[PDB]
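Heads up, the thing below is written out as structure tokens.
Chain IDs: alphabetical, in sequence-line order. Numbers in chain A track the PDB entry; the residues on display, in order, are 207-231, 236-250, 282-926, 1022-1212. For chain B, we keep the numbers from the PDB entry: what you see runs 207-231, 236-250, 282-926, 1022-1212, in order. Atoms within each ligand, like the ligands themselves, are counted from 1 in listed order.
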There are 2 protein chains.
Amino acid sequence: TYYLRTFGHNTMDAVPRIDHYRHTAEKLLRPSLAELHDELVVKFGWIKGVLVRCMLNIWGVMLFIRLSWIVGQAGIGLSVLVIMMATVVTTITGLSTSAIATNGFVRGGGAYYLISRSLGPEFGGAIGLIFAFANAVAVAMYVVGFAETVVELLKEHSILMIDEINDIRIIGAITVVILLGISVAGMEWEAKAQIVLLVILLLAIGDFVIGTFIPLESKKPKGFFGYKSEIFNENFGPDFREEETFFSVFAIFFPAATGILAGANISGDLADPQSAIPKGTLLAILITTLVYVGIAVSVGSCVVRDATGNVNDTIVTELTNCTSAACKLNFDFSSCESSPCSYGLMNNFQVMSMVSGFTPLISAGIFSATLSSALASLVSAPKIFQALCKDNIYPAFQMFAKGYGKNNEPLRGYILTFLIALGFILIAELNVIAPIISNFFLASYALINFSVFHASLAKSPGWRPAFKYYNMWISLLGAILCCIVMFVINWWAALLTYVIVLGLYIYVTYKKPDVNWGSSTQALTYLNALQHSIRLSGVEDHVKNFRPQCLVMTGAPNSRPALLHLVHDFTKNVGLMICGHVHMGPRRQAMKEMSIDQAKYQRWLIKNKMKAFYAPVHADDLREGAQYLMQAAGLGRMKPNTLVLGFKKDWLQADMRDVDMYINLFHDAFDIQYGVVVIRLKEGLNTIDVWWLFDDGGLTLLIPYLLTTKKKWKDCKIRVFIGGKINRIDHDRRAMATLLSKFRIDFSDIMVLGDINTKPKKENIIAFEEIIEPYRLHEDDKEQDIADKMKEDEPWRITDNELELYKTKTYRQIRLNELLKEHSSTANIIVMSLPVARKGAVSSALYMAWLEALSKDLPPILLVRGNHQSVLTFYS
Amino acid sequence: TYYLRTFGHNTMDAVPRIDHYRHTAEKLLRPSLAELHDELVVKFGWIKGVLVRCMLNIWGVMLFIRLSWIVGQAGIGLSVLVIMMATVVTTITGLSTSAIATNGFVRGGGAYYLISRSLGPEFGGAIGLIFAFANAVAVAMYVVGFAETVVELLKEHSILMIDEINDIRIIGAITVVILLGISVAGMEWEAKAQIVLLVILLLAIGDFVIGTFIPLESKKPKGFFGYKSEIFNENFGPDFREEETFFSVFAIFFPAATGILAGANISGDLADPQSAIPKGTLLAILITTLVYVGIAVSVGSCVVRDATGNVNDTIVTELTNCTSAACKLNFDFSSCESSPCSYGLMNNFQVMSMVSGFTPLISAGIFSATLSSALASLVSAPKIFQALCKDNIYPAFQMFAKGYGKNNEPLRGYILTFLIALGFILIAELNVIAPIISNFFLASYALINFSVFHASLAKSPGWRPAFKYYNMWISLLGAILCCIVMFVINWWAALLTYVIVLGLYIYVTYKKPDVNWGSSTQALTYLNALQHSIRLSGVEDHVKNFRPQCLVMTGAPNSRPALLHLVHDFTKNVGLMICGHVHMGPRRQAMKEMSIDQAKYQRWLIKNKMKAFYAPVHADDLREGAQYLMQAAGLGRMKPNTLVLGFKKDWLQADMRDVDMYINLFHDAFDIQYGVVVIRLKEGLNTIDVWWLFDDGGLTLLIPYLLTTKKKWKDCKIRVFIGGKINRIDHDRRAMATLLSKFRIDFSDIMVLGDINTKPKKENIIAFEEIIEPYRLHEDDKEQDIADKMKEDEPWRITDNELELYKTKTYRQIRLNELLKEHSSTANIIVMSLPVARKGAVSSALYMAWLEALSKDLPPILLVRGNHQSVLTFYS
Ligand SMILES: CCCCNc1cc(C(=O)O)cc(S(N)(=O)=O)c1Oc1ccccc1
Ligand SMILES: CCCCNc1cc(C(=O)O)cc(S(N)(=O)=O)c1Oc1ccccc1
Ligand SMILES: [Cl-]
Ligand SMILES: [Cl-]
Ligand SMILES: [K+]
Ligand SMILES: [K+]
Ligand code: NA
Ligand code: NA
């Protein structure tokens, strides 16, 4: 029966499957909500790819040469502490790297890809460039270590080509060329070389361990004695026998702990990360740390610090106190504290190859240790560089993004890193440059830990690490410790690397590349905005804290640029600006139109440096869309309180439905207690005159003050016009002066006008009547059928009863325009009180004609009507 | 002739008057917008009340006693440097005080009133308590200085009552009693006493200056020589003949620079501030600094450092070189370096009373200098205390706010400060206390400067200070310098004062007093929220940055508390919660209802730790108000994307118009790309089962993950139910497991059901039909009048054609409820996919019955339908 078929076969709705969430690597092409609702070649495992590579990269030129010197200059306990501090740093860094790795599929590159996809392209580009350069230099430094041991073994025998430095450069160039050859040959060959070096190095470590368990009398003159408790108690203690300190020993040891990201830098060639990187990196760190601690302890409890290389030392046991621990085992290697004696645990770096068995085996271990790390860094650098260049963060380096072969191999990057390493090898004296490279590595580790902390601070639902044990405070502590260790090693190198990081960050944030990766920075932006708004929602309103929160019915924010600039003038950095656009038409097309317009106009607002919000709505007409915006726009206490309208210039030649809707917008704004600002200015193209004739709470006074508080209008002086009575001009002038001095509003002059409430000129009244003519109802000259006109061609038709009952207001508007023409004709901008027409008593056409008559033939003028709630105060 | 009357007489709209902005000190007030729209005893001047008080408070014990010691230890140049540094601190503090005091009317109080009204009651209360205590201690300090000079002048004669440390207390108690008496007498009496002390002190200064232009041979054995250029060139340079440094000298000098707020603590008795405090304080600071500099230079270029007072010191032109500025004038006061000589600039503090003429005049200058400052502190402390107590910030001190007499005089505070000063006088050894009091004053000054900087960083339109020359960077610099100077003297005193300020601030912010003064803190809250939202508006959306932005149709947010808590569970700290309320009725009453409910419900939300926004609207019905909210609610990119509704539990016993409106809310949400979440739980009042059978983009999966994120559901494990095919259970289960492992969604078990698509039980289908019957159209048994029935009692009437076209979907809902009953009966919460009914094809009643049949008789269940835009991702 079909009752037992595939669920979801008898419906259009699709069951969840991986094909709906897969970008490119289809099935059923998951149905849209409308369709359901609308009316009808080389891959490595974690062992060979991560564990082995990190293992080899960590173990370099120090495990077999300089570690004994460290256990000599500092005690066994102090050496263990030095090891454990860097181990803690690398362990926290590895935990953070794992947490970043288990968040999603990592395409290619290493630490760069993780950092850039975690917290964006600025830190990402900075750390990518710095880490790539650090690996390129580390190639030269490991090769220089190889050259040093080669020339040392040649000088031990009878062989020398040129001066020691020149021979070092000559051999190092050859080895770097050979390493470039192996790297170019491909990744499988690199892996084979890596595993053979791993087995040789493990054999060398076993050789050393077996050697320390078989003491011989030939090495008795040396420091070798074979795990004598006297040596243990003697070497346990900080004997710094030169211009050396604990911090300097830590600075010397720290480069050994690096290389933890060799496996993570291969992510572009791993079978799958999110399973390989975490366990491989953690196991590598654990094993390397255990080996370091064990070998340090063994060499400290088996070799004495000072030793004289002569069989002439005797064990006769003659009369001697010999409080030192050298004599307790025998008289060999004693009393070379007066003059510099040849060797021991403080003057010999070959002691590792001494206390062992087969010494050429230890030399081969040296070669393998220093060459595996160089190969790892030489592979690591171009992968990171190519991953960063594919993103085109720095357009100048686009050439190095190319790949070759079946597996994308950056041969240009290989050539570039080979050239950089070769250049740094010819110098061959890199002890000055080593702290800078260590600080670069530390900066990369610190920003990895900060990446985890920052992604955990922002609470993005898409953070979701698969790897547990990644506490955010532990990662923040790891970043802090990385910075501290960076400063401990060569303070000025740390300052310089901070300078480079900051400069690259600024350059990237100025270039502003067009990439969107869902970084933790954007999530943190959202979280900050939400938390700040929630905090603001609990703040009680107060009069001194009032701001003009303006909703402007600009439609497209491009139609009236000058108007939007003017509104921005008294809103930018003070209050809120919402650009309201109402879209009409069929719903399906209008939704797409709004989606396109939102992006386009928000981008235009950002590009033109406007601090405005775009608020598009869909409604059947302008009035109800404005109703939507005036009822619901905003969030919490950031809702608008003022409606800003551009003057309807074409109302004379337009359908009176449109002007009726304009005036109804006025009425609705007054209905829900909004202030209204009407702006009339010439869109084609020093005093600010404020005619404050009616008390609206002070909005018509507050707007021009905010105008003068900006640099654009800083040179314009506010002068005030108020209404008064003749023969009392000075009294009212002084009252106004004291009133706005209590408001601390700077003014240049106050003009009291007594010519208001006087009949305007005959020509002006004739012109107003001529303008009014085609909108009169003329009920006096008509029969009772005019009531039908009052319900069909209306309520915009102008009646005779209201034209006679409001003739005072009409004359006041005309006379006020005459006064504005006579006085404020040469003002930069005019702010004037906006008349309020009582709803249900004044037709739309009469209101619009009042505004036209009052505003005609004037410089930029603002008609303002406040909410009649107090907006100013003179109380503290 | 009425055309020339008062403007605004023939209209209802008023003209701007002072009475419209006056709290209590009439007229007809300002007419409301609705009315125009809706259809039918001691006061001081700045000279006496500020300038004199500040000059008297600044000049204390040091001006006439220890200034010479400072000029002796440090050089003339370093003395001028110390004076200028303290002057810079006090001048920036005075500019900041001026800027704060020229904003609004300052009722009473002093620096407390300014600080509290500028940046709120927390810092305000802290600094009020600290400054009041500091002035109370300073009373005892100045009284102790007066007692010390009295006892010194008594010991110069043969008079002595008891041991010096006890005679000091005996005299100091008497002087503090007399000071309390004169303070209690009244303001006018205190002013007269201050004026006479000012004239006596000016006479003493003139005495010193007149006596320095009169070199007498009787004072020649001492350091007095009378402006010899050798002394000028010799008294430069820092010769510290003790364990004293430059910083210690500065610490000794700084208490002389304080007292700059004496005229600002009298603000409650000034004729008018905003004009008295600025000019008076600045002029007082300038005058005091000029006098300090002149006195330092004069006494440095006139008196030598060391002087062995003896007539036997003569200069008979003996054979000697003596390359020092002692013999160049004469042999007097020469060679007292082997043993400490009796006096001079370094060993004498009475040198001021010696250089001058009449010496008792200088002693009276000492007395006036100490007593005027003590009186100023004793007056200022209770004024600040009673201003702080009138606000009830600390309700334990409410008894100290009451005043007696015509002018409100805090007599209780007077007794309190008298008792504190008397207690500190009995100790009589306050040199340990001194750094604490200096640090208290410095903290007060620093927070004044920070008040100006804060009010300038926030850009409140109501900041508007009347005093220019108040650059905010200079104020920030002054605050930083005040902190630095606080640290320079007695670092641990600075730590202690920071501890007290921090503790008082925490206590006040925990007590949360009910005041609202329009502080700069609230303005900065608004500015920060706006800036963060503007920054967020320029952030491109990404899939892994998606958050659930939910608009919940709660109505009153306390009607369904369990539903509100559940929505909060997956919204708190992640995404946005908007509580939508639709208000109906007449507009005039509904606006007032909305205004009341906004405050009430926002306060209720805050008081229950809910991070939700209240969004009330006025609309004709629920549907169009919800349309308002879905179209316009939110600011920028912080707009809702999901609609959350509670289940209509009473839909059976309700008018079908309401349920039709509910289902139309569903359809409208689906129309504009909104997810819908339906929640059905018992309002009366461990696994999370997710039955997500259709791919909505992942919202049905994302919500219960966010549920498990919270600590309330941290013990609940997500287990998943999907629809599959029999005999392919394991393959589908594995596919689901890998899909949600790529999503990093932790699950306990996956259950695949093949029993879906099978016919439900007979009893359940019978019950569904019985519930359905009352809303059936039954057109098969009727005539063409059913078409009219399908237009009036409609479109909620259920047709037979759709009941047959969607019988499979009905059976699926019933069967799914059976499966939920048998499987998820014990779950803590159930999340299930929400069926999508195609608009125009399924009646409202059929859709509601589908939901009811699906979710009936179950634990708390969520029906979720996502946007069908991708919400999860497995890409990094
Ligand atoms: C940034 C680390 C890159 C390799 N450099 C580093 C590696 C190791 C090691 O153990 O991997 C040990 C040392 S060190 N302190 O010399 O013993 C190294 O410092 C060098 C090496 C050679 C030239 C100059 C500095
Ligand atoms: C916080 C300031 C309160 C007054 N105390 C202060 C005032 C003046 C002055 O000139 O007004 C000078 C000094 S001084 N020369 O440093 O001792 C004063 O320190 C004293 C005074 C007496 C007892 C202990 C400390
Ligand atoms: Cl690394
Ligand atoms: Cl003060
Ligand atoms: K290493
Ligand atoms: K003083
Ligand atoms: Na290596
Ligand atoms: Na004084």
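- Here, the main chain in contact with ligand 1 is recorded in the PDB entry as Solute carrier family 12 member 2.
- The drug at ligand 1, chosen from nateglinide, bumetanide, midazolam, stanozolol, is bumetanide.
- Other chains having non-hydrogen atoms less than 4.0 Å from bumetanide (ligand 1): A.
- Of all atoms in bumetanide (ligand 1), numbered sequentially from 1 with element shown, those under 4.0 Å from a heavy atom of A/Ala379 are 3 (C).
- UniProt K(+)-binding residues of chain A with a heavy atom under 4.0 Å from bumetanide (ligand 1): A/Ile299, A/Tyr383, A/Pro496, A/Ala497, A/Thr499.
- For bumetanide (ligand 1), the atoms sitting less than 4.0 Å from at least one non-hydrogen atom of A/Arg307 are 17 (O), numbered in the order shown with element in parentheses.
- Lab note: chain A, UniProt TM segments from N terminus, heavy atom under 4.0 Å from bumetanide (ligand 1) -> 1, 3, 6, 10.
- For bumetanide (ligand 1), the other ligands and ions with an atom under 4.0 Å away are ligand 5 (potassium ion).
- The proximity of A/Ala675 to bumetanide (ligand 1), defined as any non-hydrogen pair under 4.0 Å, is limited to the side chain.
- Using a 4.0 Å cut-off between heavy atoms, A/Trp300 makes no contact with bumetanide (ligand 1) at all.
- Looking at A/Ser613, A/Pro496, A/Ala669 and measuring to atom 18 (C) of bumetanide (ligand 1), the nearest heavy atom belongs to A/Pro496.
- Taking any N or O of A/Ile493, backbone or side chain, at least one lies under 3.5 Å from an N or O belonging to bumetanide (ligand 1).
- If you check each of A/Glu389, A/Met303, A/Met382 against atom 5 (N) of bumetanide (ligand 1), the one with the closest non-hydrogen atom is A/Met382.
- With a non-hydrogen cut-off of 4.0 Å, the residues around bumetanide (ligand 1) amount to A/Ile299, A/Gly301, A/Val302, A/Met303, A/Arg307, A/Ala379, A/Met382, A/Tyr383, A/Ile493, A/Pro496, A/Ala497, A/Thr499, A/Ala675, A/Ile678.
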